[PDB]
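Drug salinosporamide A (bound form) bound to macromolecule Proteasome subunit beta type-6.
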Amino acid sequence: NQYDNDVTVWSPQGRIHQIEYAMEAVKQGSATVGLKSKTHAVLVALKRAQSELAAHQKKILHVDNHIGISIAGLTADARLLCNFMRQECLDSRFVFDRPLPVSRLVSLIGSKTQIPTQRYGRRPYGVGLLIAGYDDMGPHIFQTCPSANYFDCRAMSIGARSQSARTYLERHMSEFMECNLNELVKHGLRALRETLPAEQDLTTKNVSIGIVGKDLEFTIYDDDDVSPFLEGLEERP
Amino acid sequence: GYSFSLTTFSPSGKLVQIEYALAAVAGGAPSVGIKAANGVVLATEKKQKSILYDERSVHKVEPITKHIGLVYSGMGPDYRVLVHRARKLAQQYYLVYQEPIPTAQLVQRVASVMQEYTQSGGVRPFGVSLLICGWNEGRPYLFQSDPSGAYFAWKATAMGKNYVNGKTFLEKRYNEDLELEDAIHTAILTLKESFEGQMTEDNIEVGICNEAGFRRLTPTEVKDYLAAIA
Amino acid sequence: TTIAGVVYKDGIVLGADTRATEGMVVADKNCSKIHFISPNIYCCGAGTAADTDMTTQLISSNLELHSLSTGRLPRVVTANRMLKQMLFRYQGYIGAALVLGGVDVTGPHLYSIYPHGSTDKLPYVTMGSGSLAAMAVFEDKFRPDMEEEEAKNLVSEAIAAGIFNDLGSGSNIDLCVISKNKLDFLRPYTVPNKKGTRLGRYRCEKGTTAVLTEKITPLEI
Amino acid sequence: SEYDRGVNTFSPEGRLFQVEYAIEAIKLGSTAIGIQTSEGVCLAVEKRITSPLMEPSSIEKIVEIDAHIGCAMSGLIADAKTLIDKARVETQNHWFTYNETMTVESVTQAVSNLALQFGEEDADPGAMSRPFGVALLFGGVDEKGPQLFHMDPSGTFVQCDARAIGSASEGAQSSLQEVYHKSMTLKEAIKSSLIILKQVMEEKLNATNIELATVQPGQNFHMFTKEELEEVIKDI
Amino acid sequence: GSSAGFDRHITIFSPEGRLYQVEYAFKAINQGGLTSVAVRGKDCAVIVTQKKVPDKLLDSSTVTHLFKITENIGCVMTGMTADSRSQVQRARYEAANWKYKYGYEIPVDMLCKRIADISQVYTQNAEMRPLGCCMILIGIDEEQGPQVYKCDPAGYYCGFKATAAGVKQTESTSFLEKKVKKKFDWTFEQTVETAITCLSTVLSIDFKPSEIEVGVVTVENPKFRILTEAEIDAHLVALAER
Amino acid sequence: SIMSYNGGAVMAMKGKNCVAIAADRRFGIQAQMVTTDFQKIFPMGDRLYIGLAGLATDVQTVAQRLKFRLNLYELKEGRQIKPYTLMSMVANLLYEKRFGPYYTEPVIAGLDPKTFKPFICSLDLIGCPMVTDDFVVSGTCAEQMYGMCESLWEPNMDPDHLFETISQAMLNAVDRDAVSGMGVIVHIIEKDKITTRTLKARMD
Amino acid sequence: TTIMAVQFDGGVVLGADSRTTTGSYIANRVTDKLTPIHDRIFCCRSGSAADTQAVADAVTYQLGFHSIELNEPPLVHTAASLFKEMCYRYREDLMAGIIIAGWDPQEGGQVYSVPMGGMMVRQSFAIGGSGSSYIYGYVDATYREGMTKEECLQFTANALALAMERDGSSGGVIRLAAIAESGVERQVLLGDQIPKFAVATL
Amino acid sequence: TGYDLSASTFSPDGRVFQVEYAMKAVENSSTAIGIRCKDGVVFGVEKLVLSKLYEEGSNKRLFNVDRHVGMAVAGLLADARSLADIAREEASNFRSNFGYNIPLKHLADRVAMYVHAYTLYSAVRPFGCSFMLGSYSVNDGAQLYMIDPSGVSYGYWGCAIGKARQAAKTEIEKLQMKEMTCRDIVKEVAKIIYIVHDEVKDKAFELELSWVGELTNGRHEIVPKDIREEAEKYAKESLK
Ligand SMILES: *C(=O)[C@]1([C@@H](O)[C@@H]2C=CCCC2)NC(=O)[C@@H]2CCO[C@@]21C
Ligand SMILES: *C(=O)[C@]1([C@@H](O)[C@@H]2C=CCCC2)NC(=O)[C@@H]2CCO[C@@]21C
């Protein structure tokens with residue numbers, strides 16, 4: 001095919017095949033869920049690595065006291081974007097002495113990601129992002145796609161077999177707004193459990209949690225810290 | 001821009017883009033140049049397609065300096081580019097050495113410019129060949145510069161359509177003791193050898209170099225010469 | 001230096017002196033301060049000699065390029081624009097003071113151009129160290145629409161006033177008459193000063209100078 | 001043809017072609033093994049000696065990044081020299097600015113940032129044209145204890161307990177699965193790694209065709225000499 | 001009509017010395033379906049163009065191919081609309097810069113030469129394509145009179161007594177050739193009549209004032225003028241009463 | 001003055017079908033003499049010479065750059081340079097350094113390579129050419145040389161009388177300047193020979 | 001130098017002296033310090049002759065291009081803004097005090113002052129130059145609202161003559177321009193046309 | 001043959017196929033509509049909701065380019081956002097240089113030139129978006145321009161971009177919009193949007209409305225919620 005090797009080539013159908021191929025990278029990756037109540041925002045990540053000796057790869061990253069991100073796809077691209085976001089927040093604090101609003105950060109990310117899709121010899125960013133944040137307008141969950149399109153979500157799952165998680169979330173989304181923190185985290189954990197093959201279960205090893213809220217800096221609960229949340233979770237159907 | 005050459009070597013050792021540029025030159029309007037004892041004559045055919053064309057607008061015979069003149073065969077826009085380059089080069093030489101530039105020096109500099117386009121990135125050669133006339137040190141000079149960047153010194157030569165027949169005609173009719181008027185007659189005869197229709201003062205263009213300098217003949221003078229020829 | 005210019009009924013008269021000094025010593029006695037720009041435009045230069053020379057040569061080359069491109073006779077306003085933009089670019093570090101005179105399709109034009117890029121379009125102008133002495137003659141005797149001989153006499157008188165009253169001006173008087181039909185470049189036009197005759201012969205005879213070494217090299221013809 | 005695709009082209013499956021091909025280059029190299037214990041980190045590699053005329057002492061598959069960090073390399077060994085120089089410069093700049101030692105994770109991250117910095121256009125002169133064909137094992141001791149990290153050409157770095165890289169990785173990894181427990185002593189780790197290396201090597205393991213290094217708390221980076229190597233080899 | 005290599009895809013030579021991309025750019029002018037005629041007279045220059053508004057939802061003011069380059073130079077563009085606008089912007093910049101640098105208004109022939117020089121670069125450099133537009137310029141020169149110049153995507157520029165551009169260029173050229181051979185030094189009315197008659201005859205359309213655009217320049221009023229609908233209707237009723 | 005740091009005097013004079021160029025020989029740092037055989041006249045052709053006065057470092061620099069340019073010109077053109085063309089070349093070289101000037105002033109003396117017509121010219125610090133039919137001088141003792149040359153020069157002198165005139169002028173002028181002297185060298189350029197002479201001078 | 005501009009209902013009146021000085025010598029005695037920037041927009045230049053000429057030429061170029069692209073007559077405020085941008089950007093390098101006066105269909109007749117430093121202020125009348133100092137009290141005492149074109153011309157001529165009497169850097173002839181919708185009218189006052197004021201004698 | 005792989009290549013018949021493929025990208029998008037009356041401009045977008053997990057206000061297709069200028073886009077949303085930033089920068093620069101609010105025709109010309117610069121080279125790809133600019137001022141009146149991926153900008157009385165453009169144009173031609181008020185136009189815009197929507201293929205959608213006119217003091221803004229809900233009621237009634 002002569003239309004599928006460059007990002008500057010339109011197909012006769014009106015598509016760019018390189019961007020779709022880059023979205024495939026996000027579809028292959030491990031699954032993550034994000035949800036928000038009226039006060040908090042939660043990111044639940046399914047950590048995994050190649051072998052048991054190999055510690056589960058890091059999926060939830062700290063960007064700022066009010067912003068954290070979850071990753072799906074190419075990890076080096078994710079670190080590039082993470083460094084860009086950290087620098088933007090730092091510049092906002094240096095110049096205006098205030099935190100950067102989350103929506104403006106997602107706008108800056110979208111601007112950064114669109115440029116490579118229009119120039120010869122460049123490639124998209126093969127990374128899908130889930131952003132959890134808190135600012136003056138409340139808690140926010142944002143989704144970022146390799147096509148440079150971004151979405152403001154009530155809840156969202158990305159990764160492999162994440163359609164089942166999205167189905168679960170759609171069924172239960174009316175409850176989330178009125179939940180407390182443990183209930184919200186348990187909802188996210190149930191959605192994430194929906195992606196595992198029927199034999200696998202949720203352990204303290206393969207689960208990472210990230211929480212932000214009105215009076216809590218972004219916290220990453222991994223290992224023993226997640227045992228309080230995994231407690232009281234009924235078995236799968 | 002493109003950083004790579006579009007002219008490369010073929011297995012037989014040829015630079016085929018230069019040969020295709022020469023093919024473009026061989027399809028152009030005929031040009032003739034003759035070196036007399038007291039001057040040089042450059043003559044070309046400008047046969048417009050319609051009466052709607054205003055003949056005083058564009059000229060194929062151009063002055064470069066007071067004593068240097070140019071004519072071409074091939075593609076006109078490229079000719080304009082080369083004319084601008086040549087005029088700038090002559091002005092730079094005058095600014096440095098306070099002397100009008102010798103014809104050979106101008107030919108060498110312009111040929112360097114033409115060579116650059118056979119090796120630079122992202123460009124094609126010039127599809128034009130040039131005849132250059134000058135008067136230096138009480139002596140007339142006539143030169144030819146081709147798309148490759150090579151220059152030759154001629155007593156008489158022809159370019160463009162039917163240039164081989166013009167060359168044979170000039171071989172049979174050229175003489176060392178020619179004076180400029182005889183040379184002008186001979187050049188018009190060479191152009192007549194390959195002309196379709198009636199030659200008038202508006203479908204040919206003549207220029208001459210002598211001790212006074214280079215000048216383009218007015219249509220009246222060409223009509224006088226054409227009446228003499230006929 | 002004394003340079004001057006007037007407009008008369010049919011054109012332009014420019015005038016200059018021929019002395020060049022290095023400090024308070026006379027270096028050249030036959031300098032030409034009237035420079036060629038185009039067959040219809042000429043310039044008189046004052047200030048730093050090298051700056052004047054190079055600036056006028058550069059603008060003349062640029063105008064020849066322009067005239068070859070357009071096929072038309074150059075215009076004095078084009079020279080004016082080129083010169084003043086170039087001089088403004090250098091913030092007065094090119095020390096050229098110029099009198100620019102030409103005749104084009106719009107008529108006779110005369111300009112005064114200052115080293116910082118300031119231009120004045122006037123019917124008579126003077127520049128140099130002897131400018132005020134020439135301007136006195138102009139302000140006393142100038143009339144609009146003079147004949148060629150009256151204008152020549154007036155410019156000659158102004159240059160002579162600069163010569164005899166300024167220490168930086170002297171020697172001969174050079175003139176340039178520009179009309180639409182002709183150009184007259186008159187070097188020299190008048191000679192007001194000559195060198196007195198010598199009264200002694202300073203014994204010039206062979207063998208007066210003592211030599212230590214000598215080498216003769218033959219050259220081939 | 002080779003130049004139909006650019007170097008920054010995705011596959012229909014969502015993978016960068018050049019990275020996949022470099023990972024395939026990783027499979028052609030020598031076998032390196034790294035084991036992490038509470039007493040320190042052990043790194044063992046095989047020298048692939050092709051001729052008896054080659055002097056084995058000029059084969060450096062294990063290098064010292066700093067007194068607390070060492071590296072084992074597999075694949076295209078010439079490519080690894082740039083990364084190692086970057087790592088050394090990073091550790092020394094960190095000491096200069098902060099008057100302390102770098103953590104193994106930070107060094108690994110700094111080296112992994114260079115991995116995907118390749119392209120043709122929109123890149124500065126002196127930029128890379130292709131990926132790196134090396135896999136790296138970093139072993140060190142910091143305030144978190146003994147740390148072992150793995151890096152592949154994709155830029156991905158992970159923390160591992162035991163890990164094999166190179167041509168015989170799959171079988172060696174299975175053996176490491178069988179023999180690794182959290183309560184191992186460094187002597188046991190050294191012996192187990194040498195047993196596995198002997199199993200996978202096509203030659204016979206003697207004291208000149210392998211390399212072993214350790215990093216322990218309190219003791220610096222140590223490359224085993226031939227005599228200590230013979231002492232360990234006697235038990236196997 | 002042979003080929004070898006990428007000679008049909010980039011601006012390089014074919015075995016016969018041709019540039020196929022320039023010929024394809026000429027084909028691009030006919031995409032648009034419009035025709036323009038320019039005629040020169042004793043003291044006047046006239047450009048007449050076809051105006052088509054397919055939508056009643058279009059604002060008819062903004063659909064125009066007559067443009068003003070300076071106060072005294074006018075143009076009609078034929079071909080791809082965006083390319084045409086790009087060339088108009090380039091021409092305006094060049095004329096303004098000429099006035100700034102040399103101190104007098106740019107001649108029409110020099111402006112056409114500059115535009116054609118810019119177009120030549122696109123036929124020599126391989127990373128850009130030519131523009132699919134033709135430009136016709138009219139003006140008054142205070143030494144030569146009315147001026148009508150045309151430039152094409154190849155880099156050719158010329159001055160004309162009368163010319164046409166667009167889909168029906170050949171038929172219009174024939175009509176104008178016959179008219180110019182029987183020479184009458186044309187008055188302003190005769191020039192406008194000739195242009196409008198050529199367009200009508202070649203298109204086989206009886207025009208309504210809204211179907212054409214007329215732009216004039218005269219020695220008495222040297223400023224480029226666009227004719228209103230009333231003036232066009234006056235000319236059309238005079239043409240019909242013939 | 002930075003010109004007077006090393007001293008030096010050069011002079012050129014015009015005859016009938018001949019030219020003469022003379023220079024002093026001292027090299028010194030201010031008041032101290034270092035050598036007495038410093039070259040200030042360089043050949044730019046068989047019948048063309050250039051003399052440089054001023055700062056000795058710039059003298060050597062300008063001579064070497066000028067030879068660079070002249071050699072390239074003569075290779076490209078296949079001809080020998082005319083004296084006026086060399087004047088223009090030197091003026092261009094000096095004006096390229098307008099705001100970082102070379103501290104040298106040149107004189108050029110030669111015969112036209114075809115018609116064998118005398119040519120002398122002088123250039124100042126930045127390159128304003130001065131062409132004369134009598135004589136040109138340059139250096140720290142310019143006023144002294146001007147007086148001697150104005151008093152002694154006559155038109156249409158044969159080579160011997162030209163030698164006597166220029167020798168007397170240079171000797172008597174440098175005898176009144178402290179940082180110039182320690183010998184004089186003269187070149188007489190004719191159609192068929194070059195004659196180089198060293199003069200008996202004061203060494204104080 | 002003395003430059004002045006006064007606004008009346010439906011237009012403006014500008015006026016200037018005609019002296020150029022290089023120290024105490026008058027280089028030009030009939031100079032024109034009023035420059036047409038556009039058809040109905042003029043500037044009065046004060047300060048460095050070269051600097052003001054260069055700035056005026058650049059603004060004329062930019063404004064002509066802008067007017068061609070927009071197909072509208074330009075606004076006086078736009079010309080004042082271009083002058084302000086150039087004078088503020090190069091304020092360390094330029095000595096230029098400008099007055100911009102004009103008429104546009106939207107706002108009528110307008111007068112803007114751009115002093116040295118590059119600030120821009122709209123005034124009902126503006127005065128500038130070295131001689132402007134001597135007529136500040138006179139313009140404050142004599143200015144009244146609702147003047148006609150003829151009264152504005154008389155007022156400007158009186159002020160300029162008073163300034164030229166007391167300033168050694170001002171003098172020559174008086175140049176006046178009236179700008180309205182119908183166009184521009186220019187006048188020269190010389191000799192006995194210049195208003196005279198009796199000198200005190202004992 | 002590969003006559004359609006670069007924007008610097010003509011086809012033998014004189015077409016640049018890459019720009020045509022970008023236009024195909026625009027034709028797949030949902031429909032945006034703009035209607036102009038003597039006192040203002042109204043913009044309406046059919047915004048498809050691809051999941052119920054998305055918030056209200058996600059993927060806005062209506063932008064504020066200047067305080068007096070609004071933008072309605074169709075096609076690739078990332079390209080549209082980059083173009084919106086280009087237009088904002090153009091307006092800011094115009095205010096900083098010339099000192100007043102940019103005229104809409106000038107802004108449209110500048111943005112159209114920027115878009116055209118991407119249709120000439122092999123090094124860049126054409127934009128896959130089309131958009132409408134709308135403005136009001138007292139001097140200039142009410143202006144509505146449309147720009148397509150080739151760089152053509154035209155002024156309109158009513159314009160439609162996207163998948164159902166022809167049917168929407170048919171509906172817009174039934175209005176005597178010159179003698180209508182902005183209040184009536186909002187209801188008519190909503191009605192047309194509800195008419196052209198295909199419930200079978202496209203599941204659910206929001207109505208995005210905005211306007212600029214003397215009613216808003218020449219400020220572009222979202223239509224207030226009560227007016228929007230009243231118009232939606234009118235539109236749903238009209239569909240029976
Ligand atoms: C004249 O201004 C003057 C001359 O050198 C003159 C300058 C320009 C053209 C060449 C000759 N310039 C000077 O520096 C001296 C001082 C006074 O007048 C000079 C002779
Ligand atoms: C006026 O300010 C003045 C004028 O020379 C100058 C002339 C041209 C137009 C701008 C103004 N500038 C000056 O430097 C002198 C000194 C005081 O006033 C001047 C005459």
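Residue numbers begin at 1 in each chain, while the letters A, B, ... track the order of the sequences. Whatever order the structure lists them in is the order used to number ligands and atoms, beginning at 1. Part of the entry, not all of it, is on display, and contacts are counted within that displayed part.
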Which other chains lie near salinosporamide A (bound form, ligand 2), in the sense of having some heavy atom under 4.0 Å away?
-> G
Listed by chain and number, which residues of other chains have a heavy atom closer than 4.0 Å to any atom of salinosporamide A (bound form, ligand 2)?
-> G/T1, G/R19, G/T20, G/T21, G/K33, G/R45, G/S46, G/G47, G/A49, G/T52, G/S169
Specify the residue and atom forming a covalent bond with salinosporamide A (bound form, ligand 2) in the deposited structure.
-> G/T1 OG1
Report, in ascending order of atom number, the atoms of salinosporamide A (bound form, ligand 2) lying under 4.0 Å from any heavy atom of G/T21.
-> 5 (O), 15 (C), 16 (C), 19 (C), 20 (C)
Using heavy atoms only, pick out the UniProt active-site residue of chain G nearest to salinosporamide A (bound form, ligand 2) and give the distance to 1 Å.
-> G/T1, 1 Å
Geometric N/O contact G/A49 with salinosporamide A (bound form, ligand 2), under 3.5 angstrom = no
Taking only heavy atoms of G/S169, which atoms of salinosporamide A (bound form, ligand 2) are found under 4.0 Å from at least one of them?
-> 17 (C), 18 (O), 20 (C)
Protein contact of atom 4 (C) of salinosporamide A (bound form, ligand 2) - nearest heavy atom, named by residue and atom, plus distance = G/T1 OG1, 3.1 Å
Return a yes/no value for G/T20: is any of its N or O atoms, backbone included, closer than 3.5 angstrom to an N or O of salinosporamide A (bound form, ligand 2)?
-> no
